[PDB]
*Asks:* 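Here's one more: a structure with molidustat in it.
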Number of protein chains: 2
Amino acid sequence: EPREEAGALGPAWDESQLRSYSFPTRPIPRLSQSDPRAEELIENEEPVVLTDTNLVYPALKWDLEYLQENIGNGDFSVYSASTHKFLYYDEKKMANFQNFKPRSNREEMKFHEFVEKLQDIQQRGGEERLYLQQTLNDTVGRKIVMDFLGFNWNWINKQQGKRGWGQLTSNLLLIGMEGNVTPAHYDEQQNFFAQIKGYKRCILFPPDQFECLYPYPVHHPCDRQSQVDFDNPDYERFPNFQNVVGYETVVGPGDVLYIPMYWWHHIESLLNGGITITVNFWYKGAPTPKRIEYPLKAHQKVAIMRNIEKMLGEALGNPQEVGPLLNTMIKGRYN
Amino acid sequence: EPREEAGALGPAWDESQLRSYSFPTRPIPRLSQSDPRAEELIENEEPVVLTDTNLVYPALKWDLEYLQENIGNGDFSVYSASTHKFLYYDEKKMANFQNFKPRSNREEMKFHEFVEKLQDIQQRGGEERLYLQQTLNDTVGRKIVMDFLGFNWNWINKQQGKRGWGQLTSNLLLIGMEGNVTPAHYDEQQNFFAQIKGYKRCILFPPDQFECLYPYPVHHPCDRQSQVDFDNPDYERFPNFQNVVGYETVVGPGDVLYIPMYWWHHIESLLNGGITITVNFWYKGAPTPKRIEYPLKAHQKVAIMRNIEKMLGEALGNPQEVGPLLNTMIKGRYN
Ligand SMILES: O=c1c(-n2ccnn2)c[nH]n1-c1cc(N2CCOCC2)ncn1
Ligand SMILES: O=c1c(-n2ccnn2)c[nH]n1-c1cc(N2CCOCC2)ncn1
Ligand SMILES: [Zn+2]
Ligand SMILES: [Zn+2]
């Protein structure tokens, strides 16, 4: 049920702005940061939407004109795709798969060019979509540095400490166009997802739904991404996608979503919602305890599978041979 | 083509004494130890039958009465089975598989008891078969120690040196009944197989026929043994057994067969051939070279698969989980 914006300004969004998919979902909880239930979820590495952290309060006034006037005359990475689905890939892994065709090229440019290229597609017909994805606190205008310093570092530093996490590895500014989709993938780091402008529908799946989501081979450029086309699922290749169940929410300005380490997430900017602005805070997870407590968590089994694949590629001297060897290993032996 | 025994004593054996199987074979070469081709085969880790090593010359006079009179009043391990197929298993691995039923029990006894139990089955109807399998040069009669010392240690020590092998790990005396079958398995050590009394048909398969022979899971008691019943191959479970091709020979008194590290071998004592006597010499292979030369040998890929299985069992804390994890890893990802 969409929430009502204050001052009787009407529904923040409506269901017609959400894409439709084949699987059921249930809501991620929206809680106050002072609510003990919210700490219990984070500590147990389950997602939660915090409504009142003020994590990026000073950034809530951010729009394009404000960022143009103040973000500086440096260069920002702009990713491009002809469709709504943005196909992220690892350039370092392209050699292993020469039959891989990048479906979303990347271009560096000054902020004002992104604003005009964005505005241009608007005044035109715009099948093409864009995504600005640049690390924060680097070569940025003094005014933004002020806003940046005004994030609620007290709260998030305390979280980092309580959860025993490692260092803040990255701050990332995302500016996207309506309908932009980042397909399902998982990350190895903890993520506080701070929404600033517009609305993003986030669909999360726990690590134990690995079997249902069919990630690419570790050595493939799309490592950690699901092979399933959520818009046209191939049930013969990916039969267990019919068993997937997600946790769903729509976050808006002022919301913070905790995406736990190894949780799949599918993120879409609402159709006809205008531009979205987001800042992610990525932290290295806490280190593995001395005594491994059994039974293993699902995400630890995922780590094991990754390591096995990495090891076989190193040992065989060729990532292409991993698949053949694994099949040799199980066929008529373990299946 | 069976060889003719000297002095016009007739054919050593005939085809009717060989069991019949579903796969083609071709002959292992019979060469003189002085033949350079024989050294080339051993060095390249391919099987060869050496006809004139005199490796166990003093043991060629061995029969049951001679061994009884001279082998000593100690205890020898006697394996038993109701059928011709002797199901060897690792007692240490039985816990992992409680649904495993040993089909061949083992009993210790004095040599004269084995001779009488053997003789008894003879005078009776004898579906039950026996196999004496005891390590040599331990608690043995002085006369046998003499014969033992008279093996051609010069020749085999030189082989050990040329091939850079490790130590002689074990000497094994085998006494078996006609029709005894040791089903297909592979060993991790080099083996000179010295035939003394009677005839054994040896069928070998190279390591690259792993795919066709379907070994048990590493953690199973029958580790390294083929799951295929050569007498009734299940082609639905083991489809690539239809592609297996073996190297075949019949070794008799005075012959030595080199079974290279990791080669599958199926060994049967000829039907209606009387008892067989054999001594195996097992050596640890040479150590892996500093710089791993690609492409890998087939037996190195086998080693990799073993290590992966061993590792997963340790990491998951449970061998039973290896199969499920491997399938999760490949299903819709690598197959
Ligand atoms: O970009 C995102 C993201 N998100 C948040 C709002 N909309 N999308 C969630 N995770 N995530 C990423 C993003 C990413 N890269 C970093 C390098 O350049 C391209 C994006 N790698 C892993 N995860
Ligand atoms: O027993 C044999 C054998 N063979 C030779 C003639 N007839 N059979 C060839 N290999 N082999 C074995 C035998 C073996 N064990 C040792 C421990 O007790 C049972 C047999 N382990 C591995 N390989
Ligand atoms: Zn991500
Ligand atoms: Zn063996």
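Reminder, nothing fancy here: chain letters follow the sequence lines and each chain counts from 1. All heavy atoms count here, side chains included; hydrogens, waters and symmetry mates do not. Just follow the structure's listing: the first ligand is 1, and inside any ligand the first atom is 1.
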*Asks:* Quick one: which ligands or chains are molidustat?
*Replies:* ligands 1 and 2
*Asks:* According to UniProt, what is the name of the macromolecule sharing the most 4.5 Å contacts with molidustat (ligand 1)?
*Replies:* Hypoxia-inducible factor 1-alpha inhibitor
*Asks:* Which other chains line molidustat (ligand 1) with heavy atoms at under 4.0 Å?
*Replies:* A
*Asks:* If you restrict chain A to its UniProt 2-oxoglutarate-binding residues, which of them have any heavy atom nearer than 4.0 Å to molidustat (ligand 1)?
*Replies:* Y131(A), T182(A), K200(A), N280(A)
*Asks:* Which domain of chain A, as defined in UniProt, supplies most of the contacts with molidustat (ligand 1)?
*Replies:* JmjC
*Asks:* Any N or O on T278(A) sitting closer than 3.5 Å to an N or O of molidustat (ligand 1)?
*Replies:* no
*Asks:* Give the UniProt-annotated Fe cation-binding residues in chain A that lie under 4.0 Å from molidustat (ligand 1) by heavy-atom distance.
*Replies:* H185(A), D187(A), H265(A)
*Asks:* Mind checking whether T276(A) contacts molidustat (ligand 1) via backbone (N, CA, C, O), side chain (CB onward), both or neither, at a 4.0 Å heavy-atom cut-off?
*Replies:* neither
*Asks:* Under a 4.0 Å heavy-atom limit, does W282(A) contact molidustat (ligand 1) with its side chain, its backbone, both, or neither?
*Replies:* side chain
*Asks:* Listing by number and name, what other ligands and ions are under 4.0 Å from molidustat (ligand 1)?
*Replies:* ligand 3 (zinc ion)
*Asks:* For molidustat (ligand 1), which atoms sit closer than 4.0 Å to a heavy atom of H185(A)?
*Replies:* 10 (N), 11 (N), 12 (C), 23 (N)
*Asks:* Quick one: does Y186(A) get a heavy atom under 4.0 Å from molidustat (ligand 1)?
*Replies:* no
*Asks:* Applying a heavy-atom cut-off of 4.0 Å, say which part of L174(A) lies close to molidustat (ligand 1): side chain, backbone, both or neither.
*Replies:* side chain
*Asks:* Check molidustat (ligand 1) against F193(A) and write out every atom of the ligand that is under 4.0 Å from a heavy-atom position of the residue.
*Replies:* 5 (C), 6 (C)
*Asks:* Of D187(A), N180(A), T135(A), which has the heavy atom at the shortest distance from atom 21 (N) of molidustat (ligand 1)?
*Replies:* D187(A)
*Asks:* Could you tell me which atoms of molidustat (ligand 1), counted from 1 in the order shown, lie closer than 4.0 angstrom to a heavy atom of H265(A)?
*Replies:* 9 (C), 10 (N)
*Asks:* When only distance counts, is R224(A) in polar contact with molidustat (ligand 1), meaning an N/O pair under 3.5 Å?
*Replies:* no
*Asks:* Taking heavy atoms and a cut-off of 4.0 Å, what residues surround molidustat (ligand 1)?
*Replies:* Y79(A), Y131(A), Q133(A), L174(A), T182(A), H185(A), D187(A), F193(A), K200(A), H265(A), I267(A), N280(A), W282(A)
